[PDB]
Amino acid sequence: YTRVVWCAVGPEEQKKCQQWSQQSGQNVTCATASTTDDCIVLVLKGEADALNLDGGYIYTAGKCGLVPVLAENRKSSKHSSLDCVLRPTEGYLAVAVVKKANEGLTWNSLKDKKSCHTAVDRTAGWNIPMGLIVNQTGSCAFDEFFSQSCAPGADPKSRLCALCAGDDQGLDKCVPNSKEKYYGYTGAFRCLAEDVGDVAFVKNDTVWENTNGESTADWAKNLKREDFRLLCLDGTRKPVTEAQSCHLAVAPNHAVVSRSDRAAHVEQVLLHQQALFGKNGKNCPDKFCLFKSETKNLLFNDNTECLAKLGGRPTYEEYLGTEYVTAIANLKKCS
Amino acid sequence: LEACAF
Ligand SMILES: *[C@@H]1O[C@H](CO)[C@@H](O[C@@H]2O[C@H](CO)[C@@H](O)[C@H](O)[C@H]2NC(C)=O)[C@H](O)[C@H]1NC(C)=O
Ligand SMILES: *[C@@H]1O[C@H](CO)[C@@H](O[C@@H]2O[C@H](CO)[C@@H](O)[C@H](O)[C@H]2NC(C)=O)[C@H](O)[C@H]1NC(C)=O
Ligand SMILES: Cc1ccc(Cl)c(Nc2ccccc2C(=O)O)c1Cl
Ligand SMILES: *[C@@H]1O[C@H](CO)[C@@H](O)[C@H](O)[C@H]1NC(C)=O
Ligand SMILES: [Fe+3]
Ligand SMILES: [Zn+2]
């Protein structure tokens, strides 16, 4: 009854979760759905217990009564005394990234260009840049701004999915899961690296982790950081070292959500599971690492050091922050 | 403001 049912989004996450379930001696077991929204429905129905979510998905889940349990914490700079599990999270930087060779593309000349998004409804990929664009254009027709896009989750016949590529067989175009070649932070950055799009909306860490040999994956292995620039809201372009002064927003960290009635038990099982399979886990890398997936960010971001306790038993609006919840609410007025 | 999407 202490068994926790994780929800895997698509078949790559399902494989990873089945490995975790075998290694955990079924203390964790797996349900799978094709999209994050479908996993949120399985948790609402009580057919799964928990999954990790981007902050835009935490807004969907929290409007439905699910609660944040633990947050991803990556490597920090201040508070190094404090154990990872007890350290306040820092947010991550939402950025707009372009190629250096695409000279004279700036924030102010994005109209009619090609865009790459992590997925509809996600923080850096969609809520932050589209919220900003709707506000600045004074128009809700955000499906007409870029000439073509990959925005997984949108209608596959629309311009918002025109650049999406589907799976190895070219099926599942635009699905919001890792089967879509251009899904998520890594897929939207690959869409820009391959010059399918002109801009990608990702986070600062994705640029660094997929350049300069930080990834050995085939499409990333030869990318150089200096070949990219960030688009700043004042119309300037900066090197990717300057994200602290050239971002679109600071996003709340991805976090595990559950029904309120199972939160305490999900929390206790995850704190034990990361002791085993987390960053310096007893059985990681020997048997299984919960926070690696060959850069694919399956079930958790690969840069995750631990899942950390939340201060103040926060509601989902307190965890997201009032600035971000208000930004989302305004954007969702459009559709 | 107020409704779960499902
Ligand atoms: C942008 O993201 C990168 C990748 O996470 C950050 O660089 C890492 O920062 C830590 C210290 O915080 C270093 O120990 C790592 O070695 C760095 N990683 C890599 C791959 O270089 C970078 O700090 C972030 N920039 C900002 C402004 O937050
Ligand atoms: C888009 O514009 C709206 C309207 O200005 C912004 O909503 C406001 O945000 C501030 C800061 O959180 C609050 O003081 C206001 O009360 C909000 N106004 C309204 C009418 O709701 C929103 O933040 C902007 N979106 C983005 C991404 O910046
Ligand atoms: C200059 C600038 C302009 C617009 C935003 Cl959204 C941001 N982002 C933030 C920066 C620091 C702290 C919080 C935020 C935020 O988005 O809540 C900054 Cl940093
Ligand atoms: C499974 O959970 C039980 C109860 O908390 C614990 O005794 C056991 O150590 C756990 N094992 C693993 C491998 O996750
Ligand atoms: Fe995110
Ligand atoms: Zn509170």
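Quick note on labels: first sequence line is chain A, next is B, and so on, each numbered from 1. Scope of the values below: all heavy atoms of this structure, side chains included, with no hydrogens, waters or symmetry mates. Just so you know, ligand 1 is whichever comes first in the structure, and atom 1 is the first atom listed for that ligand.
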### Query
What does the PDB call the drug placed at ligand 3?
meclofenamic acid
### Query
For meclofenamic acid, which chain wins on contact count (greatest number of heavy-atom pairs under 4.5 Å), named per UniProt?
Lactotransferrin
### Query
Which chains, by letter, have non-hydrogen atoms under 4.0 Å from some atom of meclofenamic acid?
A
### Task
Please list other ligands or ions under 4.0 Å from meclofenamic acid.
none
### Message
For atom 17 (O) of meclofenamic acid, what's the nearest protein heavy-atom neighbour? Residue, atom name and distance, please.
### Response
A:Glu323 OE1, 3.1 Å
### Query
Where is the nearest protein heavy atom to atom 12 (C) of meclofenamic acid: which residue, which atom, and how far?
A:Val250 CG2, 3.8 Å
### Task
Report the source organism for chain A from the entry.
Bos taurus
### Task
Examine the proximity of meclofenamic acid to A:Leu248 and report which part, side chain or backbone, both or neither, has a heavy atom under 4.0 Å away.
backbone
#### Entry: Under-4.0 Å heavy-atom contact between protein and atom 5 (C) of meclofenamic acid
yes
#### Entry: For atom 2 (C) of meclofenamic acid, closest protein heavy-atom neighbour
A:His247 NE2, 4.1 Å
### Query
What is the UniProt domain of chain A where most contacts with meclofenamic acid occur?
Transferrin-like 2
### Query
Can you tell me which residue and heavy atom of the protein come closest to atom 3 (C) of meclofenamic acid, and the distance to 0.1 Å?
A:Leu233 CD1, 4.5 Å
### Query
Within 4.0 Å of meclofenamic acid, heavy atoms only, which residues of other chains turn up?
A:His247, A:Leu248, A:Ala249, A:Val250, A:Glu323
Please give the N or O to N or O pairs under 3.5 Å between meclofenamic acid and the protein, distances rounded to 0.1 Å.
from, atom 1, to, atom 2, distance (Å)
meclofenamic acid, 16 (O), A:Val250, N, 3.1
meclofenamic acid, 17 (O), A:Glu323, OE1, 3.1
meclofenamic acid, 17 (O), A:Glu323, OE2, 3.4

